[PDB]
J.: 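Sharing a structure: varenicline in complex with soluble acetylcholine receptor.
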Amino acid sequence: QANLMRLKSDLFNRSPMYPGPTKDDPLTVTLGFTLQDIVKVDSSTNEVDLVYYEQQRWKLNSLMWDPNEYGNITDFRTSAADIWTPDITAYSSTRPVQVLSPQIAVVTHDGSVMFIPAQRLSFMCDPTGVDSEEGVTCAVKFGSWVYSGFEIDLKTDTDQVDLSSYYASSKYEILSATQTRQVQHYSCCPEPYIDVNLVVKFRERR
Amino acid sequence: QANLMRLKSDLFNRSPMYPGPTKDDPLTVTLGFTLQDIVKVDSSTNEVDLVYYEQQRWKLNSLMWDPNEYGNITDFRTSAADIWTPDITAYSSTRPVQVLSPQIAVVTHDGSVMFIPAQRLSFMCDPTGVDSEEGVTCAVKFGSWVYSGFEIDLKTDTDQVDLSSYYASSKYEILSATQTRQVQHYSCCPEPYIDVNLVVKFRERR
Amino acid sequence: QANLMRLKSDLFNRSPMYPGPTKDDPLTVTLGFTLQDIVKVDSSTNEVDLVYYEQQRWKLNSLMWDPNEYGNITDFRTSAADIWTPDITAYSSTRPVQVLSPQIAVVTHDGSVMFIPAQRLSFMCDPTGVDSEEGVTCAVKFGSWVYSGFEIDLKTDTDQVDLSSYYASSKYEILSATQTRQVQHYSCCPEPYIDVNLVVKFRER
Amino acid sequence: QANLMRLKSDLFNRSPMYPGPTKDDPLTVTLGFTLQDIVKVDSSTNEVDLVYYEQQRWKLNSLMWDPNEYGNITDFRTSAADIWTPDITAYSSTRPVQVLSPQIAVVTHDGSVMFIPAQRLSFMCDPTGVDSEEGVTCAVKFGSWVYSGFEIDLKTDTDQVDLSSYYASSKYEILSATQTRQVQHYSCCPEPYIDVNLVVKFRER
Amino acid sequence: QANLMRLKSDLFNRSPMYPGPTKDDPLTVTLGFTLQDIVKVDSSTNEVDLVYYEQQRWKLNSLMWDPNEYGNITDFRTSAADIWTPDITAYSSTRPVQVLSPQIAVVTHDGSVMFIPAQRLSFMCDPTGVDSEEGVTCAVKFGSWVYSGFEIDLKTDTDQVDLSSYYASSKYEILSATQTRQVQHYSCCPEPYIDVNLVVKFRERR
Ligand SMILES: c1cnc2cc3c(cc2n1)[C@@H]1CNC[C@H]3C1
Ligand SMILES: c1cnc2cc3c(cc2n1)[C@@H]1CNC[C@H]3C1
Ligand SMILES: c1cnc2cc3c(cc2n1)[C@@H]1CNC[C@H]3C1
Ligand SMILES: c1cnc2cc3c(cc2n1)[C@@H]1CNC[C@H]3C1
Ligand SMILES: c1cnc2cc3c(cc2n1)[C@@H]1CNC[C@H]3C1
């Protein structure tokens with residue numbers, strides 16, 4: 001501005017879009033969940049509804065630049081449409097995920113992208129024994145839908161889910177939450193697919 | 001990398017889109033269902049809700065290339081908008097199907113496309129006797145909406161539906177699931193239309 | 001394909017889109033309903049939900065061609081966005097209609113288009129007496145929203161609705177179904193508007 | 001068609017879009033409601049659902065033409081996207097309005113536009129006493145959201161709402177319906193904003 | 001209006017879009033809420049639904065002009081798509097916000113923009129004790145999702161929410177409503193993020 005505008009122009013207008021990773025130049029996405037609320041539980045259909053936001057990080061050479069060339073600009077915000085983004089998907093979802101945040105990411109001079117969408121998800125979960133002291137445990141996998149391990153790998157900075165933002169007066173208390181990496185194989189396809197498995201253990205509030 | 005982008009450009013930017021099959025150059029789509037959950041049953045309206053993903057395969061000359069000409073590239077992922085896709089449709093649906101996965105397909109050097117959309121479908125089904133030991137049986141046909149047998153044929157690699165991914169703690173147990181090919185005639189039109197008939201037999205979990 | 005692609009290109013890329021009918025060059029749409037299910041009935045709000053598919057036919061000179069010029073091609077499928085389509089609308093709908101089928105039509109060398117969208121419609125209907133043996137009767141008009149009789153006419157191949165595809169195990173049995181043409185006048189506008197009136201008579205099982 | 005296509009092209013392709021009214025060149029929209037059904041009433045949240053269609057008229061110099069120059073064409077239908085339209089909005093709505101009709105308007109040689117969207121609206125209304133003989137009364141204002149009196153004025157051809165199209169077998173009977181013009185002031189802004197206040201009085205039966 | 005068209009053309013057609021604020025040229029948005037109705041309360045999931053409209057003001061050099069050059073034009077209305085707008089977001093929302101108004105803003109010769117979207121929001125709130133005389137209190141933060149304090153600051157013209165437009169016959173009476181500015185830090189990010197905290201205290205009508 002004029003610097004930022006020129007920068008954005010150079011990356012997006014002058015180049016073709018990054019065509020996604022491949023076996024030859026694969027990519028690693030760092031996931032991390034901040035759980036906000038277990039909004040509702042349906043014991044007649046065994047689906048439960050979570051609200052959270054999911055931090056995604058990755059890095060691309062396509063998105064690098066030299067700050068001195070662009071008015072000492074270290075980073076910028078941009079629409080998620082302007083860049084490639086990973087197709088992280090909830091495998092046991094029962095309804096399409098609802099986006100609760102804007103679709104804007106941060107890009108930085110070293111090509112690192114950060115993107116943190118807020119979501120509401122309804123996923124498969126049997127709440128039997130939520131009323132008990134012992135509580136009930138449910139799990140849901142997040143991972144690329146189309147990209148194998150050989151193109152997209154996932155990692156977590158910590159197995160502990162971020163519960164510091166959980167709703168004080170929720171109907172359900174969280175006993176524990178876990179974000180652990182996994183490998184899976186499916187009947188369609190020879191290659192392994194990577195996913196981060198979100199496992200929550202919860203119960204009704206006294 | 002550059003090597004790909006060039007490929008994608010050659011297939012999509014330089015050519016006009018494949019205009020769909022015709023009697024002269026017809027096409028065969030291979031369908032296959034992985035049932036995930038029978039989410040809910042409504043006995044007051046006789047509609048039942050399934051979550052699954054539906055594997056679609058087909059092949060086009062339009063999409064072929066020579067790997068040596070494109071940096072030894074065997075295959076790639078792309079948006080479903082970038083290519084023609086078949087109009088497989090649930091004939092007894094009561095509500096529009098909801099897409100639970102991204103709209104990305106895999107294309108390969110020999111022109112083979114694979115596309116596996118995850119869906120939630122509400123279809124016509126009378127659950128009377130779901131509580132019994134015997135269970136209740138329901139069926140729904142999938143097939144092209146507009147393309148006759150003479151333009152689109154359907155086939156299955158197996159009559160057995162893939163239940164290996166079914167939800168362990170679902171409200172309903174699957175006794176059996178079947179994907180069998182069928183031929184049908186409709187009053188509008190002289191030609192026969194092909195469909196794969198999904199037949200599931202299920203009951204409450206006891 | 002080479003042939004078909006060229007054909008499609010000539011009709012759509014090289015010409016401007018058909019700007020809809022007018023008084024001078026009017027047209028006639030043939031409607032026909034295949035009722036599939038009466039899904040639900042709400043007696044607290046007097047709305048009922050139907051699932052069906054609605055066959056639409058019409059013909060345009062804009063869409064004609066000579067098969068010999070295009071590799072003996074008699075007809076083809078295409079997206080509904082690529083062509084003009086008629087604005088048939090349910091006058092007593094209480095919620096926007098939901099499309100249950102793809103938006104693809106068939107065009108033929110003589111300019112005839114066929115298009116059969118599958119729909120779910122919620123329309124105004126008082127089900128009082130649906131539980132009785134006598135059953136209850138409800139009606140809903142379908143017709144162009146903006147085009148008068150003088151631009152769009154409607155006709156039916158038969159007054160009998162196609163119930164051969166109705167759901168065997170539906171909560172409601174169909175006693176009868178009727179698709180009859182009508183003329184209507186509205187206070188806004190001098191001209192008459194045409195509609196096909198769908199009348200169904202049904203009850204619980 | 002050739003003629004019509006050329007006309008449409010001249011108005012839309014060759015000109016930039018009408019940039020909306022201003023203080024200097026203000027505009028008057030004529031509103032008129034045809035109420036179809038009071039579909040449902042929720043006494044636990046005090047919202048009620050109406051289905052109707054709302055006639056909008058206005059006139060622009062931008063849209064004028066000479067019929068002799070265009071094959072004696074008096075008028076035509078077109079997409080609502082092709083022209084500017086007014087931002088009439090329900091002030092006491094509790095949910096986004098649902099469009100039940102196509103988005104097509106009629107334009108005429110003297111620059112007059114007519115546009116009649118069918119809608120379902122959920123708005124704020126306490127139904128307490130709907131079961132009584134006396135009935136209950138509710139109101140909802142329609143007016144531009146962003147344009148003051150000084151840019152958009154509203155008028156009504158009649159204070160009587162058009163109930164001739166109301167549903168015979170609705171759960172609720174209409175005792176009366178009124179479309180009266182009003183002026184309002186809001187805390188944000190010095191200028192007055194115009195609205196047409198729809199007031200309905202109704203009950204069960 | 002020949003004049004207005006030319007003006008609009010000069011700002012939007014001839015220039016590239018304002019690329020959003022940065023640390024170097026930051027921006028201040030003035031928020032203000034007019035609460036219309038507390039429509040419903042769900043005590044089984046602890047979510048409550050508000051209808052309101054939210055006044056947003058800010059100023060940009062990009063949008064300035066000289067009235068003498070454009071037929072003494074002081075201001076104009078335009079689509080929200082034609083200009084940059086701030087990404088104010090409800091942090092404790094449980095469902096995507098629904099827009100109840102048109103997406104039109106007012107721009108003025110000194111570059112000031114005003115934009116007042118009407119919304120329905122479902123947010124996290126425990127209504128326990130709404131039936132009491134004492135009432136129950138709930139809060140929800142509004143702020144940029146992606147822009148730190150260093151790029152977007154928020155302010156309020158008054159801590160008092162505008163209740164003059166509240167629904168006379170609502171199921172719930174408003175005891176008080178507050179729009180107060182706040183600073184927050186999140187685990188992802190070193191910088192502080194600004195939010196205006198909407199705090200309402202209410203009860204059943206009795
Ligand atoms: C870029 C993209 N998404 C973000 C999400 C958040 C934040 C910064 C972001 N930056 C913090 C503030 N906004 C909500 C969360 C936490
Ligand atoms: C290409 C395109 N679609 C796919 C869908 C799936 C898989 C691989 C795919 N590869 C497995 C993993 N993702 C969901 C399903 C099963
Ligand atoms: C052209 C356009 N739509 C059609 C819809 C159907 C059919 C033929 C069509 N042809 C029959 C077979 N497919 C579903 C319905 C009935
Ligand atoms: C142009 C635009 N909208 C219209 C809406 C209607 C009519 C004519 C129209 N002409 C009458 C017939 N169609 C529904 C209503 C009433
Ligand atoms: C520009 C943009 N949005 C506005 C919203 C409103 C108003 C003026 C506006 N001007 C007042 C009248 N319309 C609704 C609210 C209050």
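All chains are named by letter (A, B, ...) in the order of the sequence lines, taking the proteins before the strands, and each is independently numbered beginning at 1. Basis for what follows: all heavy atoms, side chains included, without hydrogens, waters or symmetry-related copies. Just so you know, ligand 1 is whichever comes first in the structure, and atom 1 is the first atom listed for that ligand.
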J.: Help me out: which other chains have heavy atoms closer than 4.0 Å to varenicline (ligand 4)?
T.: C, D
J.: What other ligands or ions are found less than 4.0 Å from varenicline (ligand 4)?
T.: none
J.: Which residues of other chains have a non-hydrogen atom closer than 4.0 Å to varenicline (ligand 4)?
T.: C/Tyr91, C/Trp145, C/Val146, C/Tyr186, C/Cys188, C/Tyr193, D/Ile104, D/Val106, D/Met114, D/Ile116
